[PDB]
Amino acid sequence: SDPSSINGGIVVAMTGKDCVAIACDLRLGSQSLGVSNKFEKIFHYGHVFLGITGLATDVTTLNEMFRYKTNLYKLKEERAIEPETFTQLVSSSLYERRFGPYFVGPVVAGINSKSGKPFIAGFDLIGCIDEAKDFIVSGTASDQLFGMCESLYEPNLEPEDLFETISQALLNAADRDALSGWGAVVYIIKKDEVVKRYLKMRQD
Amino acid sequence: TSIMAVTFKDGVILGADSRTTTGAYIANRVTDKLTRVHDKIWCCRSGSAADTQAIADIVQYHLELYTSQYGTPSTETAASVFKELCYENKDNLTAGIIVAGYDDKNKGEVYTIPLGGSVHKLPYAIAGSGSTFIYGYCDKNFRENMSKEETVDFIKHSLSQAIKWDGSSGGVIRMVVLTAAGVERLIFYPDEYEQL
Amino acid sequence: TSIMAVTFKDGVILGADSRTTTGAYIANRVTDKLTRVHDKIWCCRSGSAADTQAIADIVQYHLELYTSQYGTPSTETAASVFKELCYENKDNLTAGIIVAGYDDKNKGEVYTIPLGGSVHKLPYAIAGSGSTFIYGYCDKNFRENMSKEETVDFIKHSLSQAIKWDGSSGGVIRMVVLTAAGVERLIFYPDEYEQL
Amino acid sequence: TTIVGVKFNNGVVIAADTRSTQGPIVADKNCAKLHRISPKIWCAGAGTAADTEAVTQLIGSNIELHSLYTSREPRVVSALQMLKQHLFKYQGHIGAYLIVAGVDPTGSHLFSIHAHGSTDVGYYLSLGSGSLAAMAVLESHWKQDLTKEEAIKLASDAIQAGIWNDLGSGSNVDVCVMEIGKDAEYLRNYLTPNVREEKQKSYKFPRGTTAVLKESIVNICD
Amino acid sequence: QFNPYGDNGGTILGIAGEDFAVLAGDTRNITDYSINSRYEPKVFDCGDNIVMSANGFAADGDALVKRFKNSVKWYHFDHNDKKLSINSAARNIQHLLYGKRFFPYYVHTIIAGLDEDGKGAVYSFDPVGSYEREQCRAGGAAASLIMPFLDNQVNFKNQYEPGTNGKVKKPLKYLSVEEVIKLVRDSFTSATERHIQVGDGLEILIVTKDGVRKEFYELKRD
Amino acid sequence: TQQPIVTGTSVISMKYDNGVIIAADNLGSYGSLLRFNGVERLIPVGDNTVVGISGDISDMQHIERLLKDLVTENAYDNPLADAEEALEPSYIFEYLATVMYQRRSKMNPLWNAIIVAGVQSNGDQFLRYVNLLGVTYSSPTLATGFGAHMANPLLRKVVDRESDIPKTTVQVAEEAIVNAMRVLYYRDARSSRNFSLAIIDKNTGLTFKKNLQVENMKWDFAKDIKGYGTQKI
Amino acid sequence: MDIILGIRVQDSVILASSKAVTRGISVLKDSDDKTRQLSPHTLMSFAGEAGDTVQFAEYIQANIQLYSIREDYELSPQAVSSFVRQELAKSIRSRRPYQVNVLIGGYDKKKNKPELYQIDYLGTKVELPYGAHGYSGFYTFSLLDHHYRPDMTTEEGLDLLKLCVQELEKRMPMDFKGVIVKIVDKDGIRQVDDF
Amino acid sequence: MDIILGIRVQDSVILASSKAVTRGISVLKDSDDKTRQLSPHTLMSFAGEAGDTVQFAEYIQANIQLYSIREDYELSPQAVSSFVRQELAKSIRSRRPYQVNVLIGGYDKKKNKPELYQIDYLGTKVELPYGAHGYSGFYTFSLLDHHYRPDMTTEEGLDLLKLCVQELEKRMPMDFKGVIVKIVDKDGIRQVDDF
Amino acid sequence: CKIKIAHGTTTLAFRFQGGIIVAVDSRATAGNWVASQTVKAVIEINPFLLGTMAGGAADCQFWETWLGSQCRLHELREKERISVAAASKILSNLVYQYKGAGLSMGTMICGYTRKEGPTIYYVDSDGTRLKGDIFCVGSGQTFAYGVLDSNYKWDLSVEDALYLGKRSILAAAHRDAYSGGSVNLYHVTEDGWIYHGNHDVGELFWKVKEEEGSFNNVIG
Ligand SMILES: *[C@@](C)(CO)[C@](*)(O)[C@H](CC(C)C)NC(=O)[C@H](Cc1ccccc1)NC(=O)[C@H](CC(C)C)NC(=O)[C@H](CCc1ccccc1)NC(=O)CN1CCOCC1
Ligand SMILES: *[C@@](C)(CO)[C@](*)(O)[C@H](CC(C)C)NC(=O)[C@H](Cc1ccccc1)NC(=O)[C@H](CC(C)C)NC(=O)[C@H](CCc1ccccc1)NC(=O)CN1CCOCC1
Ligand SMILES: *[C@@](C)(CO)[C@](*)(O)[C@H](CC(C)C)NC(=O)[C@H](Cc1ccccc1)NC(=O)[C@H](CC(C)C)NC(=O)[C@H](CCc1ccccc1)NC(=O)CN1CCOCC1
Ligand SMILES: [Cl-]
Ligand SMILES: [Cl-]
Ligand SMILES: [Mg+2]
Ligand SMILES: [Mg+2]
Ligand SMILES: [Mg+2]
């Protein structure tokens with residue numbers, strides 16, 4: 001009965017030279033029982049990408065909630081929301097439920113369309129922002145991801161090289177966690193193109 | 001904490017140590033537990049630092065508003081406002097407060113307010129963890145209508161012993177003198193009071 | 001309980017109240033908490049009545065057997081036997097004992113033994129629930145090499161205050177004088193000590 | 001966390017480490033614990049990271065509206081009062097432990113606030129897990145009539161004590177100097193004594209190392 | 001109520017080569033958020049070319065190593081100075097650990113050395129004695145950080161041959177002592193960055209047919 | 001299963017170029033009550049070792065008796081009891097470390113934290129810690145209780161690593177220890193002003209200093225502190 | 001309430017739901033239909049806490065039927081499932097949550113595709129080729145992993161379903177008194193009377 | 001372990017005992033014989049805590065077989081039951097008691113009478129015309145109160161027993177996978193293979 | 001609070017026309033942490049006897065190697081290989097002495113002798129001892145049962161039986177989070193046990209998916 005580790009899952013995000021990458025596993029389970037192997041945890045609103053780990057009902061709810069809010073934002077602002085601004089929106093919304101929180105570990109990733117700067121950020125369940133130059137990790141294999149990223153990561157990686165690094169970080173971390181894995185997805189994000197790759201990984 | 005207030009010939013004197021603790025760690029060694037709720041109505045704070053401050057802030061507000069409408073409040077009135085807060089919120093408060101004030105009619109008065117929120121008007125009052133160690137001493141040594149210098153010595157010797165035996169009390173001995181003359185702050189350092 | 005033992009010029013004096021309680025009921029108002037473990041080695045008992053009696057009975061037995069083989073035991077020896085029992089059975093005992101005795105070589109000696117079973121040799125010692133209220137008083141008023149009459153007054157005034165403030169202490173003030181002259185029992189009734 | 005505050009001649013300085021933890025795991029190696037309430041009132045925060053940020057922003061927001069309403073520069077005691085009453089109302093559940101400092105028309109000020117709403121006044125203060133390591137340094141080296149450069153040195157040394165000796169604190173030292181009559185200078189990463197050494201090996205993978213099942217272009221445009 | 005266990009933190013790492021084996025471990029010893037020692041070795045030469053470490057609760061770790069060292073001594077007395085093989089040592093340790101099955105040694109034990117064919121060997125144990133020979137094992141507080149990195153770099157897990165459509169795996173090969181130490185040093189610098197209980201210093205014990213060599217490296221002290 | 005009754009607070013210590021220093025205040029606390037003031041918590045064993053003990057005093061007095069008995073036992077049938085076969089710090093420590101761990105293993109611990117400071121026969125400095133759990137460790141500076149949190153940071157500014165030991169004199173080392181004791185008096189609620197200090201040097205031997213006091217304290221700034229926020233008077 | 005299964009095949013969705021209702025040491029009923037028709041081409045089976053199950057199912061049924069009348073239009077299985085999920089997602093943070101797990105089997109007439117949604121009491125929705133709630137899944141999932149193919153017929157799906165029930169009847173501790181099987185396709189909802 | 005029944009008729013004792021062995025959510029076995037032959041004309045069925053049941057049954061079996069060899073004589077069902085009761089009566093105040101309930105069905109050759117003893121894990125012995133342990137009794141006792149007669153034959157007893165099993169299969173929550181039935185009479189012990 | 005010790009492995013063994021198949025996975029877990037993927041959950045007691053391990057790793061590893069010593073002592077004393085019944089009962093009587101102490105074991109003693117023929121005995125830590133044709137034990141036992149039971153016949157060939165055992169573990173390895181790593185196969189005949197290799201799930205899953213056309217739930 002620990003909400004953050006019932007369903008399982010992981011998300012990781014990295015920066016590179018004029019690019020960002022965000023990746024997640026596909027598992028959704030009920031404790032030991034693996035239920036779904038198609039449960040994607042990365043969503044996007046315009047050019048801003050959001051990954052969410054934790055309790056699956058809240059992952060779904062928050063996606064729907066941020067789609068709701070970014071749609072109204074765009075109608076009133078007459079422009080797409082930027083990663084820096086969206087990060088603040090996520091933080092506001094999570095802290096609004098301070099004493100009855102969504103049991104989640106969200107991760108923002110994207111490139112600011114005006115400045116062109118790569119941007120990533122992470123949060124705890126009550127909305128504390130964790131900004132980073134290098135990488136953000138989240139989920140039931142966060143310890144594993146921290147260890148992989150801290151050793152494998154180097155700055156200013158090209159999109160093609162960055163893909164290999166983030167993928168290897170996710171895969172090997174997932175393989176040491178029982179509640180993570182069952183497939184994986186990686187988003188490579190350049191200024192005006194986004195490539196989505198499904199990884200081949202062990203299915204146990 | 002170790003705190004006390006003592007009435008005497010010319011008025012009343014409040015006394016306190018300066019120790020604030022978190023478990024066995026001293027979070028503040030120079031605390032000021034003697035606080036003003038009105039010109040010549042002060043209080044000694046013991047118990048929760050947060051609770052006693054919140055209470056003292058509210059009382060100051062009430063007495064400031066009282067003064068704007070009805071002029072200077074009595075020391076009894078101040079004690080009643082403290083009581084009302086302590087009694088009605090007894091379930092959520094840890095505050096042992098001594099109220100002390102100087103009227104011109106009533107001279108020096110001391111009201112003590114323990115955990116329950118009861119009010120007790122006394123010639124002198126002691127409170128706080130370290131007061132337990134000086135009930136015997138204070139009862140034997142207190143006299144009514146003492147002089148200023150005698151009362152200062154009585155408070156200094158008493159709190160010196162309270163500090164000596166109570167680990168939850170220490171630092172400097174702060175005192176506040178309330179008379180017709182005005183308000184006087186006194187401080188006494190370890191090098192003096194320890195070797196009494 | 002309120003108990004104390006005080007060394008002085010001619011030897012040592014033990015002092016105690018006479019109250020035994022079950023919760024708030026006074027099971028015995030004329031208890032004798034000063035007990036003989038040897039001719040001129042006595043103890044003050046505080047804590048569990050059953051434990052302290054059982055302990056004192058065993059110590060008396062040990063010292064009687066010691067005397068048959070090796071002659072009169074020292075006050076230190078008596079304290080060590082008390083310690084050995086209190087320390088080794090610390091988990092099952094509630095006993096705060098003060099050991100006091102008169103040697104001709106060592107004169108008056110006082111050893112206090114708190115709950116843990118540690119030994120502390122002191123000029124004077126206080127213990128029991130009511131001792132908390134007289135740490136301040138006793139520290140300020142104790143002097144070494146007092147006379148018999150001064151020590152009796154010091155104990156009487158101290159236990160009077162302990163009794164006054166502690167609900168768990170009361171009744172008569174028993175005392176036992178240990179000197180070269182011999183053993184003298186003293187008693188003091190409420191009508192005398194209350195109005196000190 | 002380790003956070004400190006030190007008063008000096010013509011103002012006040014506060015400092016903080018930059019470690020953020022999640023259990024035994026270092027989540028952020030360079031987080032900002034120094035918060036701007038108003039231009040010349042700054043706040044060092046320890047405890048629940050979301051709470052310190054949220055409570056500082058809320059009071060900072062209300063302080064700005066109050067400053068505009070009264071046509072006056074905000075005072076530290078206003079921020080102090082608003083913070084403590086907010087925290088007290090929540091009976092400690094908002095786990096924010098703050099060192100509030102700044103300059104205003106009244107002068108220079110230094111306070112601390114605890115989660116339950118109790119405030120303390122002082123010339124030198126320290127809060128957080130490494131407050132004992134810091135306070136040890138402050139108690140050993142603090143004196144009356146410190147200069148600007150001496151107070152910065154003392155403050156950063158108190159943070160360093162936390163960085164090295166407390167496992168809860170680490171990485172860098174942030175400083176903010178608030179002098180009277182001058183603009184407050186926020187010195188982000190004032191010291192960086194924990195630089196990561198060169199790695200022994202590059203872990204750049206040969207391209208094609210990772211096995212892929214599918215590729216697809218994602219549509220971000222309308 | 002009295003709690004007989006404690007957590008002294010730290011982390012250990014064992015890698016096996018073709019004709020050698022390394023057993024590394026940081027030198028930091030902690031309790032709660034305090035550092036007890038910056039240099040307290042927990043990787044020990046036990047004789048017969050066997051190095052051992054029992055990470056977790058140090059009192060239990062020391063007791064175990066002490067008992068095994070003593071087991072080696074009596075093995076010589078009772079069996080005509082016969083060399084205790086690494087496989088025999090492992091089985092003996094299982095019985096030491098399981099002997100306290102119902103009041104366990106709170107430790108993750110790793111031993112390293114050479115097998116009877118002269119090839120590198122690493123064995124790892126759980127707290128109650130279940131053991132297994134492996135090429136690779138991390139243990140302790142930062143095991144969860146280091147281990148997946150070792151799967152990737154030592155056993156080439158999830159790495160395929162470029163251009164082979166993820167069909168041909170990267171071939172397994174033994175690593176040189178130089179390449180292994182590079183991985184150890186990087187594993188510990190990474191673990192030091194992200195785990196608060198890991199740091200101060202790194203001590204590696206290398207085991208070849210010639211004997212037991214030592215190497216020491218500084219780690220971040222925050 | 002125990003609960004400590006009469007307790008002793010911090011014991012602090014450090015190494016210097018020729019030997020080791022150790023210190024501990026003279027207080028026997030009974031909870032919040034500062035009950036006993038004449039308690040010696042540094043116990044010398046021979047002329048080359050000092051054992052500093054914190055925690056339960058009844059258990060401390062038991063450990064005293066064990067060490068006292070150890071000296072007696074070592075002298076038996078030992079012509080070189082005051083020479084080559086005298087008790088070393090390492091011997092005394094290992095014995096205690098054995099006892100402490102055996103007692104915790106029987107779920108009946110000696111509720112103490114112990115620091116054995118001394119100088120070996122070959123001149124080497126010895127300083128090692130052991131506690132109720134049987135946990136042992138060594139470091140250029142060692143401290144128990146609040147000392148661990150407040151003293152160690154200050155002492156590590158003097159001797160941060162091994163290479164700083166030859167560079168640290170006995171004057172500099174003692175100054176840091178005495179300073180640390182002052183800081184503990186400021187900030188530890190179960191500490192006293194009166195303390196004992198011991199120096200074990202390889203040249204000058206054992207110097208035991210009793211009845212020391214914390215002095216040169218800063219309290220003057222307290223007078224300027226008024227209220228808890230707004231209050232001006 | 002215990003066993004509810006679901007299998008999506010080429011052209012239909014098949015739901016199987018146990019018939020037993022047990023309270024204490026007594027099987028009170030052995031012919032219970034643990035499902036409600038939400039709309040002509042959408043069926044919802046349910047299992048969980050006593051009372052909550054039927055109360056929740058009928059509440060959803062009333063809402064979907066209200067929508068159908070108002071718009072003179074049938075909601076898509078995807079739309080119904082999202083509505084149901086949101087109701088459970090609200091529920092879980094209520095004073096007393098609905099402890100109900102559901103399967104929603106429907107046929108989308110616009111896409112001409114069968115759809116099976118599995119939603120737990122927390123509001124955790126997943127579209128699946130085959131689904132189950134409770135302990136049933138611990139046997140049926142691995143069985144279907146092996147025997148299921150995406151292009152199967154309704155008749156092949158029923159044989160695949162018989163294989164699940166047999167396995168459950170063999171290895172489950174409790175007697176669940178067989179199952180009521182219902183099929184959802186382009187022609188609506190119908191019950192298999194002989195199973 | 002769950003269902004054990006016993007019916008004493010005119011000339012025999014009939015014991016019925018469930019075949020299922022269940023651990024967690026898995027029926028590990030469906031052909032388990034929950035009985036041991038203590039002597040040629042004495043049979044004991046058992047049910048209770050896992051492990052304890054078989055360990056206790058075999059321990060008793062060993063003791064009775066030891067007695068038979070020593071004296072070259074068969075103990076009476078009354079004597080065996082008293083021995084068993086005393087062992088359980090000792091057990092209940094031990095450090096770890098046997099949590100086992102037994103039925104002892106035997107034919108006394110000296111009296112030429114069948115005898116059925118019901119003994120619980122506390123050592124509570126009663127001679128009965130019909131007996132049961134666990135939740136079984138809550139159905140079977142009232143059923144037998146109605147249908148049982150003292151002068152019934154073995155064949156009538158088996159039909160009476162079939163009536164009990166049917167009722168249990170209808171109203172019991174758990175699948176106990178049928179029963180193994182054994183008859184004890186003047187000719188010894190034999191198993192009914194088709195039930 | 002309490003320490004996490006290695007637990008696991010999913011094991012099965014079924015009797016059939018051509019002897020006994022025994023299949024197990026190789027994963028050990030400490031909570032959600034995957035501790036090992038290379039655990040030997042089959043003990044080779046002797047050329048005719050096997051023992052499967054599930055539950056506490058140490059408990060199983062320690063007591064089954066101990067069991068092997070007791071079986072060796074039997075054949076030294078009695079000049080004859082121990083029966084599967086006797087071997088299993090030594091283990092079951094041992095754990096019964098530790099009943100309540102907290103041992104966690106789910107084992108299966110598989111082997112062949114002349115008097116018994118192929119025999120499988122389930123033995124667990126709460127004292128249960130059962131002879132039987134089919135058993136699945138471990139956290140992923142139900143997943144293995146689902147595939148095994150639905151495809152089991154007595155008249156399976158050695159080739160088909162070996163595969164069904166392998167496929168059943170794979171099924172559990174896939175669905176059960178606490179099962180995986182690799183499959184270890186064994187075939188027990190009248191001549192003794194025969195090892196049929198270590199099969200990594202990493203390659204085996206995709207090989208089985210492609211060739212068999214199963215696992216359509218997974219993104220191909
Ligand atoms: C003497 C010391 C005893 O009566 C005095 O009365 C002084 C009075 C002055 C300071 C006004 N009392 C205190 O110093 C007071 C003692 C105390 C402690 C706990 C409850 C009531 C009274 N100290 C405090 O209030 C400190 C002040 C902070 C450290 C600046 N606060 C705490 O200890 C907080 C308060 C929690 C609380 C409990 C119940 C009612 C209100 C508030 N406690 C903690 O932070 C707990 N801490 C967590 C980490 O582990 C150690 C304990
Ligand atoms: C003062 C009073 C306290 O410091 C003195 O120390 C004296 C010592 C004298 C008598 C030598 N102490 C007592 O009078 C002592 C108080 C006490 C109570 C419990 C534990 C420790 C100390 N009183 C007693 O020992 C009485 C004496 C009887 C009435 C003759 N005994 C009890 O109160 C017993 C004690 C049982 C016990 C508990 C823990 C350790 C040892 C013994 N308690 C009861 O009878 C409980 N009682 C049942 C009726 O409902 C009210 C509670
Ligand atoms: C020193 C470093 C330690 O005290 C400083 O005090 C810093 C303060 C800086 C960061 C402002 N303190 C922390 O970093 C603080 C320590 C802490 C942790 C938990 C409770 C209280 C204090 N760390 C945090 O607040 C982290 C911030 C992360 C890095 C973004 N937050 C968490 O660890 C959250 C705690 C959430 C929380 C909920 C309810 C009450 C209090 C806090 N914890 C998690 O996210 C863990 N968990 C993982 C799975 O998802 C669900 C939650
Ligand atoms: Cl205060
Ligand atoms: Cl008495
Ligand atoms: Mg009285
Ligand atoms: Mg640090
Ligand atoms: Mg799996």
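Throughout, a chain's letter reflects where its sequence line sits, starting with A, and its residues are numbered from 1. Only a slice of the deposited entry appears, and the contacts counted are all within that slice. Quick check of the header: X-ray crystallography, 2.8 Å. Every heavy atom of this structure was used, including side-chain atoms; hydrogens, water molecules and symmetry mates were not. Ligands are counted one by one from 1 in listed order, and the atoms in each one are counted from 1 as well.
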Which macromolecule does ligand 3 make the most contacts with, named the way UniProt names it? Proteasome subunit beta type-2
What is the PDB name of the drug at ligand 3? carfilzomib (bound form)
Could you check which other chains have a non-hydrogen atom under 4.0 Å from carfilzomib (bound form, ligand 3)? A, D
Which residues form the binding site of carfilzomib (bound form, ligand 3) when counting heavy atoms under 4.0 Å? A/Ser4, A/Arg98, A/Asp124, A/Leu125, A/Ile126, D/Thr1, D/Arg19, D/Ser20, D/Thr21, D/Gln22, D/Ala27, D/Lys33, D/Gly45, D/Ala46, D/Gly47, D/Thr48, D/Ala49, D/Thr52, D/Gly168
Hey, could you check which of the UniProt active-site residues of chain D sits nearest carfilzomib (bound form, ligand 3)? Heavy-atom distance to 1 Å would be great. D/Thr1, 1 Å
Within the structure shown, which other ligands or ions come closer than 4.0 Å to carfilzomib (bound form, ligand 3)? none
What entity name does the entry assign to chain A? Proteasome subunit beta type-3
Name the residue and atom that form a covalent bond with carfilzomib (bound form, ligand 3); answer none if there is no such bond. D/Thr1 OG1
Out of curiosity, what organism is attached to chain D in the PDB? Saccharomyces cerevisiae (strain ATCC 204508 / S288c)
